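Structure note - ivermectin present.
Here is the naming used below: chain letters follow the sequence lines, and residue numbers restart at 1 for every chain. For this deposited structure, the header notes the method as electron microscopy, 3.1 Å. Indexing begins at 1, ligand by ligand and atom by atom, following the structure's order.
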Amino acid sequence: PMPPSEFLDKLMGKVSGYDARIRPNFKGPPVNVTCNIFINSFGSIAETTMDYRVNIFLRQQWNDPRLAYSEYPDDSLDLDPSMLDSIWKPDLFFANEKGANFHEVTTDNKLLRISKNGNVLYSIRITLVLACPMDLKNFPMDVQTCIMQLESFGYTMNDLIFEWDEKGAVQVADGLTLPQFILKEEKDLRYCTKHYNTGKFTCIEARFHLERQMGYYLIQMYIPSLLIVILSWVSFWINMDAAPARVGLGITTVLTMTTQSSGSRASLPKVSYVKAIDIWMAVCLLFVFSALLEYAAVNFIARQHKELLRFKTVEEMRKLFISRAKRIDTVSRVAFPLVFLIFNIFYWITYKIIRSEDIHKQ
Amino acid sequence: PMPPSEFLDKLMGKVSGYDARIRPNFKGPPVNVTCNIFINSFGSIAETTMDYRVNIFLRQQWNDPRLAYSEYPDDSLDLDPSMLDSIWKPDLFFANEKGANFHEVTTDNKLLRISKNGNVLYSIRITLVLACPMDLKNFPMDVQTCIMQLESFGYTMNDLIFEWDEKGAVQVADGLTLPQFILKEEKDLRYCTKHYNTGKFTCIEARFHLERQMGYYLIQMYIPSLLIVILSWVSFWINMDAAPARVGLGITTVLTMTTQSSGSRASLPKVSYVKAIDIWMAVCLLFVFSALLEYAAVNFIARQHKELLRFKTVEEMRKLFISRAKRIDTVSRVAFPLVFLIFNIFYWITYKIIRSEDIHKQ
Amino acid sequence: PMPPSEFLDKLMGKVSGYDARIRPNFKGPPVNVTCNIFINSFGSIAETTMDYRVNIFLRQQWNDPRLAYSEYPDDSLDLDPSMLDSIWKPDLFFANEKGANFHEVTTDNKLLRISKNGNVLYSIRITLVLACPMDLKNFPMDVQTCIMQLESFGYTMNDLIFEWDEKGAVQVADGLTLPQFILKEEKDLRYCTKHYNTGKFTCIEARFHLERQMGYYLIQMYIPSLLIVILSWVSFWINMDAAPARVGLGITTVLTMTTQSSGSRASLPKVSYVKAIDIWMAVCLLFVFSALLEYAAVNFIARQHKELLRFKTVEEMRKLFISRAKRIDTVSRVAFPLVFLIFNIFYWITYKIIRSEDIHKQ
Amino acid sequence: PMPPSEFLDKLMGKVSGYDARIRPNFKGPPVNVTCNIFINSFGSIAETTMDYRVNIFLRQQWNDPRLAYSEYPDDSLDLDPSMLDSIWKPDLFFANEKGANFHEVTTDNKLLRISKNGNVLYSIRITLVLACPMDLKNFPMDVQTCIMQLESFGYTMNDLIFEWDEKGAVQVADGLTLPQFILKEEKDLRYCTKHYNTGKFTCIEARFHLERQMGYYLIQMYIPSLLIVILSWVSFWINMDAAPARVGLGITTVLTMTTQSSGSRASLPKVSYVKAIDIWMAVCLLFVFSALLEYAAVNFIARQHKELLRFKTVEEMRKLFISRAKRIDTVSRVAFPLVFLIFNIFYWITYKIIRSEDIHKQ
Amino acid sequence: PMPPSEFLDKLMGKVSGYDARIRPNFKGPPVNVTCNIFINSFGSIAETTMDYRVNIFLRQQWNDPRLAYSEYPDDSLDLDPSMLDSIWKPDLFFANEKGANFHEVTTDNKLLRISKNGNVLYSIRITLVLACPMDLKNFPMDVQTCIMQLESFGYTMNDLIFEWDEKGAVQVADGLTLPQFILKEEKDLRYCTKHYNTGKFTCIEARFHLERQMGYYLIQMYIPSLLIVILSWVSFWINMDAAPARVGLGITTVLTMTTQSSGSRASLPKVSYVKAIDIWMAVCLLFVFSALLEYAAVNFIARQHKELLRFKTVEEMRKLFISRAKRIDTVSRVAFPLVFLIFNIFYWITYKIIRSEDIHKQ
Ligand SMILES: CC[C@H](C)[C@H]1O[C@]2(CC[C@@H]1C)C[C@@H]1C[C@@H](C/C=C(\C)[C@@H](O[C@H]3C[C@H](OC)[C@@H](O[C@H]4C[C@H](OC)[C@@H](O)[C@H](C)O4)[C@H](C)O3)[C@@H](C)/C=C\C=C3\CO[C@@H]4[C@H](O)C(C)=C[C@@H](C(=O)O1)[C@]34O)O2
Ligand SMILES: CC[C@H](C)[C@H]1O[C@]2(CC[C@@H]1C)C[C@@H]1C[C@@H](C/C=C(\C)[C@@H](O[C@H]3C[C@H](OC)[C@@H](O[C@H]4C[C@H](OC)[C@@H](O)[C@H](C)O4)[C@H](C)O3)[C@@H](C)/C=C\C=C3\CO[C@@H]4[C@H](O)C(C)=C[C@@H](C(=O)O1)[C@]34O)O2
Ligand SMILES: CC[C@H](C)[C@H]1O[C@]2(CC[C@@H]1C)C[C@@H]1C[C@@H](C/C=C(\C)[C@@H](O[C@H]3C[C@H](OC)[C@@H](O[C@H]4C[C@H](OC)[C@@H](O)[C@H](C)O4)[C@H](C)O3)[C@@H](C)/C=C\C=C3\CO[C@@H]4[C@H](O)C(C)=C[C@@H](C(=O)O1)[C@]34O)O2
């Protein structure tokens, strides 16, 4: 029978001794805050500035003794979010972030629900440009581990304690997909406490293990390099007397291998360690460069042939240099793709075992 | 005869018991909100970040019993938008969005119209960077279905219910055109209710079917690839003894096919499935590569010819290798464009039937 | 003798019955608002997102009967812009716009001048990213017509009427120049009234006719294409037996024509109609491709010559094929630039007459 | 002995008749405002959108008679910047600007100092994206004159007059350097008064003469073009019978000259007048194109030689065509670099005299 | 026993004489402020606009006598950051900065702690786009010294004095790494006082010495240039009669050296001094150009050979020109890589000694 306006100005009134600046149960045990997040959107992962953009529904549960009411019989009592000025919302800030803008569209995207015993549910929708450092030791295949850290500002560990939720940890939205990565099902909850000269502060973090998909990099980078190496193999069947043809074919394959290697590393930060694509493009470039060196040795042997022919064992030395120049081409035509196939299976199995070692060590 | 200032401070006065924080007909049936949007601008569709930018006139109709007035005889009573602080606007937020900024130019772009019985018309102009996931299984021709979701924050299904309008669904502005797409005439209205641990929330959505126009991709991508394949066909008429000419022509056609294929995929996200342009550029690249292989086989047969000529059935084996080397060119000159025409009609009709299957299944 | 503070708190005081929420002459004829704009900056015209950025001094003149004063003898009475909270500024918003931010530097850039009879002058400085659709049927030469629409939000046609000024329409700043376009001297004032389900709203618009300057596109695009076609003509004088030279020259001219055509269309939206540069680059590419086909026919005739010479009317058939192979080069050397000159004068006069037809139809 | 709180609420109190909306010495002579700016940062000069970014310390000095105090004996009395709401700051706005955001970091970056007789010192730190039109008649060497205009909004010339400072004009920070330009020591102070239909408004402007440094453009653009022309000269020493070598060398030099000319104009607005780099790249491209034409004439004369040799004064006509084909190469080998050196010294001295004429006319 | 609300409204109440506009110990000695910063994130260093982005925890310690309390026995008394409106926070602003936005996510990221004797701890989290000028005299290896200046606005040196902290200077976060640079362990604290016409202002600055990592630039830039020079060395073994082969190989190596040099300078400001990569690419380009000149001299000597052979000491002059043309190739094949190795060791040791001289002079 009681009207709701006096009831919802009674608990936050200045005739009441609420004092929203003062934390609950002052001069006592620390407040325990339970947090669960809901990943609404995850994406826009950029490697060159090492950050990613999430959309989260940050839900914070804490108990306030002064907020308890015994008049109304309903337990939930969902409230309007405009009177969220004097409730004592806890301070929370993300340790590694940029941006972090609120959503003010059509209303402030906020949820306030005060239970009968004093439990408060506080939900806010925020997009954060979270910055995570990434390791690029293996660029085509890799398991990145993005770190999201939630800690407090201005309340030490003896006054405010952040804890993860027990029923579930992180709720991902159904149907959420990433175009370039695959989000793993398990998520780590390791809370570490940062120490500062001012004091220690409560901090909880969650880790997402991101598997990079290998379907795009196989089409864009691995197959055109094989096309270039196969073309340099095609140069072996051409006639050895046709010098501009073989020289031009080999030179253009080396040039396009260099430009392809320079263009695949363009969308990447300037890291200072050797990656896997470096190894792949280096061995492919070495293969086309060795093909050009093989033709240069063949044409040098033919040069020695032509100088000793035109100005005495001349016939059998002509035979020896033509037979040797034919033997080099005949053994190269078999030896080049076989050693390339050997390198391919060795590289692929060692990266398969180091990828499985990364997924086993985690 | 009554002056308007007391009348428009009477209904929102604190001497009145309006209490704009409290929802209408509290502790009763849920409020029913009818929404229709007006697409003022639609465009700026970007594939690489999978989002689009709309300009909408969001109109929300709901009934308030406390707002009803019986003094004035006029039914419409358009009001000034500055006193839209205490009216109980309903909470609405878009589920998949970025940005969503209001228009504050020369006034707040808002409309408030309170009917005599209590019906409230609330119109706001907002630009939203709506994020939609897109399928790129067929890149040149495709029918994208952009999804716009409108749901509530902080009021469950038992307190707030969102419904679409019956007289029309979505009003598009007259003369509105898209440079890259064609907006279909019908629009789906399927409302789905999202479930969360806190509770269930009302949500309505509208789907726009976007037909990608095929006029640009025919000019930019399909015809230059045919030019490259026709040039590789031109290489068959050149003399077989002119080895640097045919080798250089074929090698430059393969190189430019590779760079054209790499440059057409630049304005696209790094997806991990095979698209239609992948198939097209792959078959065209296979055609120019097979032309280079055909010349390599011709010059290998001529090599065998020259070695058996210069160091016995020599005349008729010279005839056999010249006749075979002529026969390969003569059959290739007919066989290459005919099998290309067969591939063209097969690819085009299978993509026509899969495009019509996509438009029939919807 | 009267001090100014009471006089300027008398007309906007709450002891006065001003009521700035209520429109002037309520329950009567509609308010008539006269608007003239002053183009301070115009520029930053981008084709790929189809919008332009203006800086305008929006001046709005309307009459308020309650604001009239008879105490002071001065007629102008320029006022301070801080008390522009309660004046009843009219609602105005641009129909096709993005951005539209106010200038808050060192003060709010505003002007308020209330005349003695009640005329109010309201000037504000705003930069608007106005979005206009453009037609690219003729890309090098074209007359774009940018549309600026000013309409009201929340006041129908019976309550608020917008009208253009009679003394002048749009004042452009002296010395204002555009690097890529030429602003015409006349400007259209056609007011159209938009109709919505809620009601009809007053709207006035102004059109600027923008002539695209042809000096840059002649240097960047038209002359290098002529350089490529002239180089392909140079290929006719080279010796026909030198096959790698003529083949390589023609192939590189075709390749660079393709890359030049692909690079000139890069700063353009993905439109689906044929433009004028498409026609120009297509005919130039057809010319260099026909030159390569002409050399392929010459070397095929020489192939027939060489096969019938080396394995009977042999001398006179050698004469016939050498004379025909010389005649093809001799007639091509004259016939190629003459038909190119014919195409040039036909293309140029038809685009001159369609440009003058566009400027005559307007 | 008087406490400072009553003294600094006495002069701005509502029990005082200060009335900060009303300008000082109302209904009298115009207020005289003295302005000096301090260039803290100058840079980020972009040619393609024709604007530059400054950081200025805007100091405004004006006299207020009502602010005068005779109680305290100190003359300076530096005040706290939070009570800068009611002081009657003058209206000032920059005529050609974008952005112009204030600095709110750790405090509002403001200075308020009220002298004993009524002199007020008002300093604010602002970064402005000032838009200046630039002339690109000579692109490598040029003296740009950036214009910064400071005028008033809403106060005419009879009420507010802006004047420059007498002790100095513009203070540049010590150690301030520009990477691409050189700031001259003198600065023009020409005040021009803008006229509008509403009235005339006071305006003062300052001009900075910016000398473009020529060290970068000599390395990036002038020397690689000389490398290309020297390579085309190297083509003269190669054997005339080696036709693919000379043809390929000349064709690749023409192609790379075209791409170098197209790439140096990329970071520039689409202007419609001929610049100096246009002239330079055009003459260099003409030189490499004439070298290709010279080889085409040599090989045409050799063609006439070969046709009259193989199907009568045959020996002496063979002599005449070989001697003429040698004479063309021998005279070209001397004549090409000498005429290039003549063009170089003529171009360089005419641009030196037109640069000195620009610096003498100013 | 005293409740906290009256105690925390007593010290900031208007019944108290706090007067937060007035600085502490007015008309006396200057306030001494001790500042220490905590580098939370450091990165996003861009060379082309010469600025870097930090995340700092700015801690300011100063003593206020009026804030001292003797009632409560606790010494720390951490307070809520909402009542940081009237505390007299000191004015601080960074001298060389852009941006500098506060963090408003979930609360204002602020810390307020008032000691018992009057010591105030004020911590704020800010991201600043700090602009630092950089010297690019040596581009691959360099030690940049970023300067962060903190000074006051509106309080002179006699009223406000800024001092660095004695216990530590700048705290870097543990685990913080930079992908492109290495942050040195020592940091300079040199405070310089800026002088202005208005007065002198306190300023303290901190310098970070940044070592550029050399691992990326060795892979991206130094090794492909060696690949190009090694390929030009490979051109010496090819047959001298094969003129299109050697000419084409040398010409494409010169062309790709030019494009590689133009592409490595793309991500750099337009500086006007010679860098180290300029010297490296210039010597490598000189090496490949000299190889092309060596082949041109060889083919000129062979031209003289062919003209004196075909139209008398003819045999021994044929011997002299073939022996000399062989001797040039034989001495070049040894002389080119040896002088390249000499240049490599000289360049590397002189840059090692100038890098160590830069790290010794600091
Ligand atoms: C085979 C290599 C040699 C070099 C051949 O290369 C060329 C011609 C002939 C050579 C012998 C080169 C190559 C294509 C082939 C033709 C082969 C087919 C048409 C396709 O390929 C197959 C193989 C591919 O598994 C390696 C396989 O993918 C799976 C992987 C995943 O399941 C594990 C899954 O995601 C999904 C099921 O799909 C799939 C069956 O498709 C063709 C689609 C390959 C892509 C072509 C690419 C298009 O743009 C690329 C690039 O811009 C380059 C410049 C041109 C193309 C090219 O490089 O062309 C290109 O790389 O011709
Ligand atoms: C003549 C064409 C053939 C192909 C010739 O081309 C080449 C060499 C010889 C060939 C026979 C090609 C060409 C230049 C010429 C040399 C000609 C001159 C030096 C200039 O040209 C004249 C002609 C031009 O009117 C067509 C005329 O403009 C007027 C137009 C307007 O009044 C109506 C007005 O705005 C103003 C008065 O100026 C003007 C008198 O200048 C030279 C300045 C032309 C520009 C050169 C361009 C620089 O970058 C361009 C591009 O990056 C490309 C890659 C290289 C250059 C080129 O393409 O070089 C380039 O295009 O040599
Ligand atoms: C040796 C030079 C000649 C020209 C050879 O070049 C080619 C073939 C054969 C020529 C004789 C060229 C070159 C690679 C080699 C093959 C050599 C190996 C595969 C690798 O190299 C070694 C040498 C390198 O120390 C110079 C050394 O790095 C250390 C430095 C640091 O410790 C001090 C530390 O960070 C870490 C330990 O690693 C390391 C042991 O790896 C290979 C990984 C080199 C990188 C290849 C690059 C990939 O993209 C680049 C570029 O896009 C270009 C276009 C193609 C590649 C290339 O240019 O290919 C490329 O540059 O083949």
**Prompt:** According to the PDB entry, what is the name of the macromolecule sharing the most 4.5 Å contacts with ivermectin (ligand 2)?
**Reply:** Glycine receptor subunit alphaZ1
**Message:** OK, heavy-atom distances under 4.0 Å: which other chains does that catch around ivermectin (ligand 2)?
**Reply:** C, D
**Prompt:** To which residue and atom does the entry give ivermectin (ligand 2) a covalent bond, if any?
**Reply:** none
**Residues binding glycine per UniProt in chain D, non-hydrogen atom under 4.0 Å from ivermectin (ligand 2)** = none
**chain D UniProt TM segments, heavy atom under 4.0 Å from ivermectin (ligand 2)** = 2, 3
**Request:** Define the binding site of ivermectin (ligand 2) with a non-hydrogen cut-off of 4.0 Å.
**Result:** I219(C), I223(C), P224(C), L227(C), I230(C), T258(D), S261(D), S262(D), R265(D), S272(D), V274(D), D278(D), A282(D), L285(D)
